[PDB]
Amino acid sequence: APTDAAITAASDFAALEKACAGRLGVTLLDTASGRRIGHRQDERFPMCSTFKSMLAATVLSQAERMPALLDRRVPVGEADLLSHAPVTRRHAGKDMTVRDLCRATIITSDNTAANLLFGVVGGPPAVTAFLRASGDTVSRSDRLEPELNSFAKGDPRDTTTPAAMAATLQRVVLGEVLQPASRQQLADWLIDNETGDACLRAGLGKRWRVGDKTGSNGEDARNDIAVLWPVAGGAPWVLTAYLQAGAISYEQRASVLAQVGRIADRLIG
Ligand SMILES: *C(=O)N1C[C@H](NOS(=O)(=O)O)CC[C@H]1C(N)=O
């Protein structure tokens, strides 16, 4: 109870970090001005599943120079299946389109779909090369599922920073890294995400149309990265949130991310 009350009472990111005895990295980015507010914006955190947003972007980018790549069918083998494979588990022994694998990995965070897409694009090195070409010198993809979700202090594999990921979401989901139809498809997948109802979305008011991608690991990490489109029109905002908080429960980590959303909504005003 005391921890829950301290989380609810926190009105700024530093106080919220203290309330959960964690390490919290947040960037709130105004795309009209480039202005950012946050906490630990340039510290490294494990991407965990949040990298899947950029794996899908790498696929879409490759499809712009490989006609019909999105329609290519990829076998789903029994040996490819992992514990978290909510969509691909139904297709073991048959195949799925690249496009449907992308959707599955964004909106359900399907780990098998991510590994199959890694095989399509050329692995973590291809995702990192896409990130670098897009202008992100910080974020890096190094490993496959599920090993990529590990984190060690000082080990930069599969990490980002809140500010690097916020800028990348702007360039890729809103900017000109991808062709318009490609970026719109990616935006739609993020808008359709099914795993974030208790995270940033739970703290953001109805004035925002939200697209997001979550992530977590079993030790202490819980993340959510989001694009906020004002339903009334105007410039979008980007909100990234990376948390490590081993002293609280998985469900309390969601509460922290929801509180990030409530604080951010108030700061936008
Ligand atoms: C991604 O971080 N993961 C995939 C899956 N879904 O969780 S998410 O919805 O938060 O992404 C299980 C947890 C995690 C993982 N360990 O792979």
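All residue numbers refer to positions in the sequence shown, counting from 1. All heavy atoms count here, side chains included; hydrogens, waters and symmetry mates do not. When a ligand or atom number is given, it counts from 1 through the structure's own listing order.
- Ranked by contacts, the top partner of ligand 1 (the one with most) is named in the PDB entry as Beta-lactamase.
- Drug identified at ligand 1: avibactam (bound form).
- In the structure, the covalent bond to avibactam (bound form, ligand 1) is made by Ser49 OG.
- Here the heavy atom of the protein found nearest to atom 8 (S) of avibactam (bound form, ligand 1) is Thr214 OG1, 3.3 Å.
- Set against the non-hydrogen atoms of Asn111, the atoms of avibactam (bound form, ligand 1) under 4.0 Å away are 4 (C), 17 (O).
- The shortest contact between atom 12 (C) of avibactam (bound form, ligand 1) and any protein heavy atom is with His84 CG, 4.1 Å.
- Entry annotation: chain A, source organism Stenotrophomonas maltophilia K279a.
- By the 3.5 Å distance cut-off applied to N or O atoms, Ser216 is counted among the residues near avibactam (bound form, ligand 1).
- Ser49 OG, 2.3 Å is the protein heavy atom nearest to atom 3 (N) of avibactam (bound form, ligand 1).
- Residues with a heavy atom within 4.0 Å of avibactam (bound form, ligand 1): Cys48, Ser49, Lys52, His84, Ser109, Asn111, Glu145, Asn149, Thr195, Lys213, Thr214, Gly215, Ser216.
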Tabulated below should be the N or O atoms of avibactam (bound form, ligand 1) paired with protein N or O atoms at under 3.5 Å; can you produce that?
| residue | atom | partner | partner atom | Å |
| --- | --- | --- | --- | --- |
| avibactam (bound form, ligand 1) | 2 (O) | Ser49 | N | 2.7 |
| avibactam (bound form, ligand 1) | 2 (O) | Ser49 | OG | 2.2 |
| avibactam (bound form, ligand 1) | 2 (O) | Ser216 | N | 2.9 |
| avibactam (bound form, ligand 1) | 2 (O) | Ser216 | O | 3.2 |
| avibactam (bound form, ligand 1) | 3 (N) | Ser49 | OG | 2.3 |
| avibactam (bound form, ligand 1) | 9 (O) | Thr214 | OG1 | 3.1 |
| avibactam (bound form, ligand 1) | 10 (O) | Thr214 | OG1 | 3.2 |
| avibactam (bound form, ligand 1) | 11 (O) | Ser49 | OG | 2.9 |
| avibactam (bound form, ligand 1) | 11 (O) | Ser109 | OG | 2.7 |
| avibactam (bound form, ligand 1) | 11 (O) | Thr214 | O | 3.3 |
| avibactam (bound form, ligand 1) | 17 (O) | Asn111 | ND2 | 3.3 |
| avibactam (bound form, ligand 1) | 17 (O) | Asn149 | ND2 | 3.3 |

